[PDB]
Each structure stands twice: as C-alpha cells, then as structure tokens.
Amino acid sequence: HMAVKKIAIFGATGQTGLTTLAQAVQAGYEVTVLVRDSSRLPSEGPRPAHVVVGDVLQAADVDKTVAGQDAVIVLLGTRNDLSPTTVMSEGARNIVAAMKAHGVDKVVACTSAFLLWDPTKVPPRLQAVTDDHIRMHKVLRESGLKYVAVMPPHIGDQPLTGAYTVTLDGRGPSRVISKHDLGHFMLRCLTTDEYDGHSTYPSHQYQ
Amino acid sequence: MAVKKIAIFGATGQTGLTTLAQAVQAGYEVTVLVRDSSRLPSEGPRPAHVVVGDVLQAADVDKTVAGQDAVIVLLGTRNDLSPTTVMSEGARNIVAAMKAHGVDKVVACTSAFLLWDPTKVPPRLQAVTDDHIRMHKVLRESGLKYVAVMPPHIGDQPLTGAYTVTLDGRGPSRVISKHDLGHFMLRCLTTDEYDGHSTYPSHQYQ
Ligand SMILES: NC(=O)c1ccc[n+]([C@@H]2O[C@H](COP(=O)([O-])OP(=O)(O)OC[C@H]3O[C@@H](n4cnc5c(N)ncnc54)[C@H](OP(=O)(O)O)[C@@H]3O)[C@@H](O)[C@H]2O)c1
Ligand SMILES: NC(=O)c1ccc[n+]([C@@H]2O[C@H](COP(=O)([O-])OP(=O)(O)OC[C@H]3O[C@@H](n4cnc5c(N)ncnc54)[C@H](OP(=O)(O)O)[C@@H]3O)[C@@H](O)[C@H]2O)c1
Ligand SMILES: Cc1nc(-c2ccc(OCC(C)C)c(C#N)c2)sc1C(=O)O
Ligand SMILES: Cc1nc(-c2ccc(OCC(C)C)c(C#N)c2)sc1C(=O)O
C-alpha cells in the first residue's frame with residue numbers, strides 16, 4: 001500500500017545516506033542507489049534493491065538511477081573536503097534533467113541551513129561548499145519539480161528520535177540534527193506534500 | 001555622450017532576458033544578436049532589431065554593432081567544462097566591429113572569480129574562467145571605453161535598484177540578482193565613472 005515505494009538515493013554511502021538507506025529498507029522502500037565504483041556500500045549493512053555503479057556527473061548514470069522511480073532523495077556532499085566544487089550543483093542539474101525525462105516530480109534534497117543565514121556570517125572555511133549548495137538550490141528551485149529544500153544545521157551522531165522540530169522557511173530553535181533524524185525527515189518528506197516548495201530546517205535538542 | 005541605441009549580446013540568457021526587458025522599458029533602441037529568435041519572449045517588451053546569427057561570425061557581429069552608441073556583452077557558455085574560446089573569440093569580433101563602426105563604449109560581464117585567487121575556482125569552472133580572463137584582456141587591450149562587470153553568484157531575487165558597486169575589488173555580499181545586474185549594466189551606459197575600472201555589484205536580499 002505504498003504510494004511512494006521506489007526511490008533513488010544519491011549519496012547513500014555518506015554519513016546521512018547510510019542511515020537513510022537503512023531506515024528506508026526497514027520501512028519497506030524499494031531503494032535504488034548510485035554509488036561510485038571505488039565506494040560501494042558496506043557488505044555487512046542493509047542492501048538496497050538496485051545498485052547503479054557510476055557518477056552523478058554522468059547524465060547517463062543519473063538517468064539509469066532515476067528511471068522508474070517514484071521520488072528522489074539527494075544526500076550528495078564532499079565528505080571532509082572543503083575545496084571549491086560543483087559536484088552538488090552539476091549533479092543536481094543531471095538529476096533535474098533525468099526526473100523531467102522520466103516523469104518523476106518529487107525531489108527531497110539536502111543543502112544546509114547556511115542558505116537561511118545572513119550570507120556574510122557563513123564561516124569562510126565553509127564558503128566554497130556553501131557556494132555550491134547555493135548553486136544547487138537554485139537549480140532545484142528553478143526546475144519546477146516538487147522540491148523539498150532540506151537545510152539542516154550541524155549534523156551529529158545523536159539518536160534517531162522522530163521528535164525533532166521542522167522549521168519552515170527560517171532557522172529553527174536548535175543548532176543540531178542527528179544524521180538519523182535527518183534521514184528520517186528526508187523519508188517523511190516522501191509521504192506528504194506539505195513541504196513542497198518550502199525550505200525546511202530540522203533540528204532537535206538531544207536529552 | 002547620450003546613449004540611445006545599444007546592441008546586447010547574450011540577450012537570450014538569464015541575465016540577458018531581464019537586461020533586454022529593462023532596456024526596452026527604459027526607452028533604449030535595442031538590437032540583439034540571437035542564434036534562434038524563438039528564444040526571445042513572444043509577449044511584453046520586444047527589442048527594436050533582431051539579427052539572427054552567431055557571435056563567432058564576424059559579419060553577424062558587424063551587422064549587430066553597426067550604428068550603435070554602446071554595446072552590452074552578456075555572453076556565456078554554461079555547459080563548457082573544458083577549454084573553450086567562444087566568449088573571447090566573440091569579444092575579438094565585437095572589438096573589431098566597434099572599431100570599424102566608431103562605437104566606443106562596451107560594458108561586458110565576466111565574473112568575480114577574476115577578483116579572487118585562482119584556487120577559488122571549482123575545477124569544472126576553470127575553462128570558462130580562463131576564457132573570461134581572455135575576454136577581459138581582449139577588451140582591456142582594445143583601447144575602447146570598457147567597463148568590466150565582475151558579478152558574484154547571480155540570483156533570482158526581484159529587482160531593487162539598491163545594490164552596492166565596489167570598484168577594483170570585492171564588496172561584502174556575494175550575490176547579485178540577475179535583475180539588479182541587468183539594471184547595473186544599463187546604469188553603466190549613463191556615466192563614464194566606471195570606464196577603465198572593474199566593478200563588483202552585490203546586495204543583501206531577504
Ligand atoms: N556535516 C554537517 O554538519 C553538515 C551540516 C549541514 C549540511 N551539510 C551538508 O549535508 C549534505 C550531506 O552531508 P553528509 O555528511 O551526509 O554527506 P557525506 O558524508 O559528505 O557523503 C557524500 C555522499 O555523496 C556521494 N558523492 C559525492 N560525489 C559523488 C559523485 N560524483 N557521484 C556520486 N555520488 C557522489 C558520496 O559518495 P562516495 O562514498 O563515493 O564518497 C557520499 O555518498 C552535504 O551536502 C553537506 O555539505 C553538512
Ligand atoms: N552565477 C552565475 O551563473 C554567474 C556568476 C558570475 C558570472 N557569470 C558569467 O556571467 C555571464 C552571463 O551569465 P548568464 O547566466 O546570464 O548567461 P547564460 O544564461 O548562460 O546565456 C549566455 C548567452 O550567451 C549566448 N551565446 C552563447 N554562445 C553564443 C554564440 N556563439 N553566439 C551568440 N550568442 C551566444 C547565449 O545564446 P543562446 O540562448 O542561443 O544559448 C545566451 O544568450 C556569463 O559569462 C557567466 O559565466 C555567471
Ligand atoms: C550550528 C550550525 N552548523 C552548520 C553547519 C555546520 C557544518 C557544515 O558543513 C561542514 C562541512 C564538513 C560540510 C555546514 C554545511 N554545509 C553547516 S549550520 C548551523 C546553523 O546554526 O544554521
Ligand atoms: C560566489 C561566486 N560564484 C561565481 C560564479 C558562479 C558561476 C559561474 O559560472 C556559471 C557556469 C554555469 C558557467 C561563474 C563563472 N564563470 C562564477 S563567482 C563567485 C565569487 O564570489 O567570486
């Protein structure tokens with residue numbers, strides 16, 4: 001009885017992706033992942049239904065990942081690397097093109113709460129990555145797709161609670177979200193239209 | 001002195017479309033060079049003259065520059081991620097045509113990466129940035145009255161007319177709305193104060 005049942009996850013091998021993947025498999029989703037050839041999912045962990053090996057910078061690989069899905073979750077990032085980059089914005093351009101070509105409308109994509117900050121207050125060391133989040137958000141906003149812009153504060157290692165605050169179109173009352181709660185929220189956004197076209201800032205106080 | 005007739009190159013682009021609309025609304029007699037006229041909007045403000053052709057074809061550029069008072073350049077090559085010379089070769093054709101027709105004023109957009117350390121440029125944007133640098137040198141060496149416009153990220157916020165312009169360096173904000181950027185390109189036609197300078201338009205929106 002799953003209206004959304006087939007999903008693509010971009011970034012499933014990452015910090016938030018791994019727990020999003022685990023929670024999605026447990027919840028009954030049929031998950032397709034795009035993984036880079038050198039970086040597959042861990043063998044002991046939950047297995048998705050379909051694996052595409054390739055790169056988000058290749059339209060052909062993104063097309064193969066998006067075809068036949070109900071919705072797309074985007075958890076791309078650069079791990080610890082703070083260098084100038086366009087992997088997230090160019091990846092988003094490819095995702096948008098594939099979604100349009102394949103009739104997929106719902107995209108839930110993670111950038112960061114700095115897109116809700118006074119821009120001159122972003123820490124300089126994070127500005128190069130933030131610049132690409134800004135480029136990525138513009139690509140997704142201008143696409144016309146049903147886009148949920150997830151803009152989290154610091155991502156931590158605290159528990160899954162399902163009890164976090166979701167602040168619409170502004171910064172929320174806490175400065176952290178656990179990676180498990182962030183993935184839980186990305187999946188929650190598949191089951192409702194209420195956040196489409198909005199920015200969302202999930203946050204919580206772990207106690 | 002008084003500018004009434006302008007050519008716009010890159011009028012079908014993101015900044016070009018709004019610069020064109022604003023220029024027509026303000027009263028300029030606008031000539032555009034477009035590769036495909038269906039990419040111009042069917043409704044609303046329409047340019048006075050449409051040349052169908054390619055900035056890489058000197059004859060097309062000459063036909064676009066003839067009779068103008070000033071030229072606005074909003075060329076770009078969004079998809080190119082490896083060495084590309086479209087913008088700089090286009091600028092060479094524009095310079096030759098302006099010299100041949102006695103047009104003295106050019107306001108051309110490159111990017112604020114030309115005001116930052118080269119290591120700030122994302123790898124996949126290096127080729128476009130290299131050609132922006134080539135285009136900037138072509139225009140600086142031309143002897144024409146040249147305003148170098150070097151914007152940071154181009155956003156979609158509504159026109160304000162209230163942005164800051166920093167001369168020969170960078171200002172505090174790192175966004176300019178495409179509408180404000182177009183407004184600034186047109187402001188550069190009304191004054192000589194920016195000639196021979198680099199200009200960085202930016203603003204705080206919220
Ligand atoms: N850390 C924070 O406190 C914080 C706060 C707010 C926002 N954010 C942002 O939240 C987002 C998610 O962060 P995260 O820590 O969960 O992610 P992450 O650990 O950095 O994981 C990045 C994911 O993207 C994949 N990826 C990168 N390049 C790719 C490419 N060319 N093709 C295909 N996949 C590619 C990575 O695959 P590989 O396994 O192959 O590397 C990995 O799965 C990021 O954009 C981050 O900037 C982070
Ligand atoms: N945030 C940003 O995006 C950003 C920031 C700083 C600087 N810049 C730079 O600012 C400039 C303007 O950017 P933009 O986004 O407004 O431009 P754009 O949307 O990419 O449009 C580029 C324009 O150049 C035209 N063009 C390309 N090749 C041509 C050719 N051979 N002959 C004739 N016309 C040609 C295009 O015509 P068609 O419609 O026929 O394709 C289009 O009208 C660019 O140089 C860009 O690199 C961009
Ligand atoms: C408290 C607080 N931390 C934030 C934060 C922290 C680290 C980040 O990136 C780290 C890097 C390794 C990607 C990013 C991003 N992008 C955003 S935002 C925020 C707020 O208050 O809004
Ligand atoms: C914040 C910031 N963004 C810049 C930027 C962004 C996109 C660009 O190209 C778009 C691509 C699709 C061709 C170019 C160029 N050229 C430059 S520069 C800059 C700064 O602050 O220096």
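In the text below, chain A, chain B and the rest are named by the order of the sequence lines, each starting its count at 1. Because only heavy atoms are used, hydrogens play no part in the values below, and waters and symmetry mates are left out as well, while side chains stay in. Start at 1 and go down the list; that is how both ligands and their atoms are numbered.
Lab note: drug at ligand 3 identified as febuxostat. The chain sharing the greatest contact count with febuxostat (ligand 3) is, according to UniProt, Flavin reductase (NADPH).
With a cut-off of 4.0 Å on heavy atoms, the other chains touching febuxostat (ligand 3) are A.
Covalent status of febuxostat (ligand 3): not bonded to any chain. The closest protein non-hydrogen atom to atom 8 (C) of febuxostat (ligand 3) is A:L126 CD1, 3.9 Å.
Shown in contact with A:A113 at under 4.0 Å from a heavy atom are these atoms of febuxostat (ligand 3), numbered in order with element: 22 (O).
The protein heavy-atom contact nearest to atom 22 (O) of febuxostat (ligand 3) is A:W117 NE1, 2.6 Å. Taking UniProt's list of NADP(+)-binding residues in chain A, a heavy atom lies under 4.0 Å from febuxostat (ligand 3) for A:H133, A:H154. Taking distance alone, with nitrogen or oxygen atoms compared against 3.5 Å, A:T130 stays at or beyond that limit from febuxostat (ligand 3). For atom 17 (C) of febuxostat (ligand 3), the closest non-hydrogen atom of the protein is A:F114 CE1, 3.3 Å.
Only the side chain of A:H133 comes within contact range of febuxostat (ligand 3), with a heavy atom under 4.0 Å; no backbone atom does. Within 4.0 Å of atom 2 (C) of febuxostat (ligand 3), at least one protein heavy atom is present.
Interface of A:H154 with febuxostat (ligand 3), defined as ligand atoms under 4.0 Å from a residue heavy atom, comprises 2 (C), 3 (N), 4 (C). In chain A, the UniProt-annotated active-site residue lying closest to febuxostat (ligand 3), at the minimum heavy-atom distance rounded to 1 Å, is A:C110, 8 Å.
The atoms of febuxostat (ligand 3) that sit less than 4.0 Å from any heavy atom of A:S112 are 15 (C), 16 (N). Heavy-atom contacts of febuxostat (ligand 3) within 4.0 Å involve A:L82, A:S112, A:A113, A:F114, A:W117, A:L126, A:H133, A:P153, A:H154, A:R175, A:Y201.
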